[PDB]
J.: 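Below is a deposited model of T-cell surface glycoprotein CD4 with ibalizumab as ligand.
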Amino acid sequence: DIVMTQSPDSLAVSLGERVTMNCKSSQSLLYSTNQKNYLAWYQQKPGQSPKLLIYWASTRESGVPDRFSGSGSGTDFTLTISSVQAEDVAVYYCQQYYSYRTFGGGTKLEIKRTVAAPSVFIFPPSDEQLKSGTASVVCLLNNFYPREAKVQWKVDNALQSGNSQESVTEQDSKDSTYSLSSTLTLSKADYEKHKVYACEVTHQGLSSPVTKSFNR
Amino acid sequence: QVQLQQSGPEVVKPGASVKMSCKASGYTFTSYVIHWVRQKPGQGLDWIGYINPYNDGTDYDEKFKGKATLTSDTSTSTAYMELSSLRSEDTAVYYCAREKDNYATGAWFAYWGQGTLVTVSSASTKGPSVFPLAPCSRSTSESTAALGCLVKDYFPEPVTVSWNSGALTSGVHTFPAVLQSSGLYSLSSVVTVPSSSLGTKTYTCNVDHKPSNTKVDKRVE
Amino acid sequence: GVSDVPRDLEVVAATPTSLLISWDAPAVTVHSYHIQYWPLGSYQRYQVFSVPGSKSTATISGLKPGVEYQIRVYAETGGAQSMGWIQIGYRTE
Amino acid sequence: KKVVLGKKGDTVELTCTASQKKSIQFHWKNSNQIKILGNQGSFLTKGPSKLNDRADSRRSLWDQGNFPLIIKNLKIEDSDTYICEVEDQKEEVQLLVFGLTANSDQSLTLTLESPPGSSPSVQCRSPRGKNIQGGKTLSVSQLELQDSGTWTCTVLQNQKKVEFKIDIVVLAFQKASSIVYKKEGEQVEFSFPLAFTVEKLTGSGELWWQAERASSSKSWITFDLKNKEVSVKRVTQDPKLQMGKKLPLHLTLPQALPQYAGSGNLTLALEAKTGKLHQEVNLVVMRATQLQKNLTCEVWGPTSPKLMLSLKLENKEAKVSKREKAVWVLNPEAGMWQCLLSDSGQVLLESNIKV
Ligand SMILES: *[C@@H]1O[C@H](CO)[C@@H](O)[C@H](O)[C@H]1NC(C)=O
């Protein structure tokens, strides 16, 4: 087959800045007769299927906006986003159709924003879950830009390890921010035993580490 | 309006084969070539094969020369692909696509299907319990408040969640699921509203699980 | 791996009685190229001639017009590779 | 607009015509808008394209209003979209050229030469009728001497197809074996095509055979080969063998009989290289016939144990089937029954009988 290689692994670009994303092919994709490159570019926003962007390496699809433009010929091709909008957070792929149909590894385009702290909240376990026998304690971090966040669970001023399960989104399309969900799961009997629960947080935006506590 | 609609998610024993479908509508089904792409969770697209609906012409990539089998039902205007002797690695999402035009004029994948998630596993499918996530009390000094649903002990992925019949879409964050130690995924969904607005509107989240055929709307306030 | 097969065989130009073929040499040094041509189906009526390993083309005279033919070119290396071949077909005017 | 597929090296004509049945100015240009050819009054002006040598037109049809473009000795790189341009409107015709070529690394390989961006599927039928389907490349892994005729590969892109025909020749004394399955009474044919290197060379040979009884190995005939001339040294009376005087090593058995069955070795040596060349040959014979009210079907010779015999009416299903060497039915239902010795996928021998 024709080995496609995409650089970089992932890309961080600031707002309004210019994006360059490269796709190099094993052998040439240029057809000597009709002078057409048999290469295409695709966008995949999270949770969706891929979307056609550029065909023939020089032409874009009708839906595509004007800022995207395809460049290159032969074996070295490049996608250029004129001005990165906040909504272009996606992973972009390149494909050849000269022989068979091979794709690339992908370039994740992430936007680099001003630093912003999280707005943190804690939930107690619902009464309905407690009647079943399981206590789950979720701690939320919303719209924090620096993906680095420290979350620790303290139960009556005692660090908890091994029982927290955490989940993070991808970069929001509206403002280019993240969100986290740390979930503490335990049984009802062990939940009843202790009186005070709190998730302590650290972030580059928080000058002092912050905590939110509740009492059963 | 050319549509491509695939099967829903499935569970398949190891070693067993999974036959999945892709239904086309909006064009002459025997006039364009159909392609199949595999994408593993958070990984690149892997091309599999291409079928000509006219005579069921077949060509595959070497990686899938044994596994992949492409057939098409011309009357129902549907394309199928089945993988044989499924392995743990083979758990992935598979897409069906179409060439823009015929006879080498348009060979790029322009029209796409939604995707089919095949969870290669021997475990049993199980229904998700939906719990409400609400603040301890409405004494918050700060205007923003947090509401959410807690979808726990569901298998296999995917589960889709929408708020107020899909009406509420500002400040909503549905988190990717996590595998509980028990062995069932547990997903958390939240949404932001102002403190002043609790009790004004009623908030309800819609959980929909396809392998179980379960839809449970949970009132959260 | 380390194959000994002539490659990219084609017919450059033809007349109703003659073909002129060209082929691309393999990796190894080749002592001579053997051009074998017969009418489609009937192998029994083949005629074969040899050209030196440095020559890239050969003319084929004495052909009947409007006839499907089969053309086969071997390459023999003197070292002890083997007799490899590439084969195409063609039709005279 | 139009779509034309072509054979590599063949000649195709692209039809363009105009409304006015007169000689008027026109030209042809390919996908890249490059002049292919034009007319200046009576004269024909040549275009600057790399298709200059092969592309041409016929001036006979210019008065009648046809303006064809002729391309001879098609190449895959010729496959492209072409445009006929009269000053008023343009007619567009898309051309794809395929080709088929055969490589050899006993075993054979076929490669389908394809234009860029195509999505073709290729099925291929043997002379005996075996179908081998594949994508851009096909591989003929295992070949027997019998299946050595003219093969036919039909290539399909979307809705348009093109037919290729190519010969396959299997060498005898290579590792490929020979086998023939015949119903009782038929004449038996064995062919041992010789390699072109040794065909002129001279040697001597003979054929050993074994029958239903393993007591003796008969050693049917001894023969001598000088120049391209085959002469016989000795023949057994029992099979009335015919050895072709002509160079293609041809051997014929007058009629197939059960006693004339079993494995055999054919050995050819040569005074030149003095290295014994061998070749393995099998004959399997079926007898399916009805004696009074009994119906019996037996098979003789060296058959792999895996294959199975069956007796069946062509309307219904198999009335009896075993993997053994003999099958018998008593008082069978009225109809045209059939006896089959077959492997899992195809039927090696079928005999049709009337009860
Ligand atoms: C038919 O002939 C075969 C020959 O061996 C014999 O085995 C079988 O028993 C016969 N069946 C009859 C006479 O019904």
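Convention: sequence-line order gives letters A, B, ...; per-chain numbering from 1.
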J.: Can you help me spot every copy of ibalizumab here?
T.: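 In this structure, chains A and B.
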J.: Find all other chains that place a heavy atom under 4.5 Å from ibalizumab.
T.: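 Non-hydrogen contacts: D.
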J.: Give the chain of ibalizumab with the highest heavy-atom pair count under 4.5 Å against chain D.
T.: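 On heavy-atom pairs, the top chain is chain B.
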J.: Look up chain A in the PDB entry and give its name.
T.: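 The PDB entry names it Ibalizumab Light Chain.
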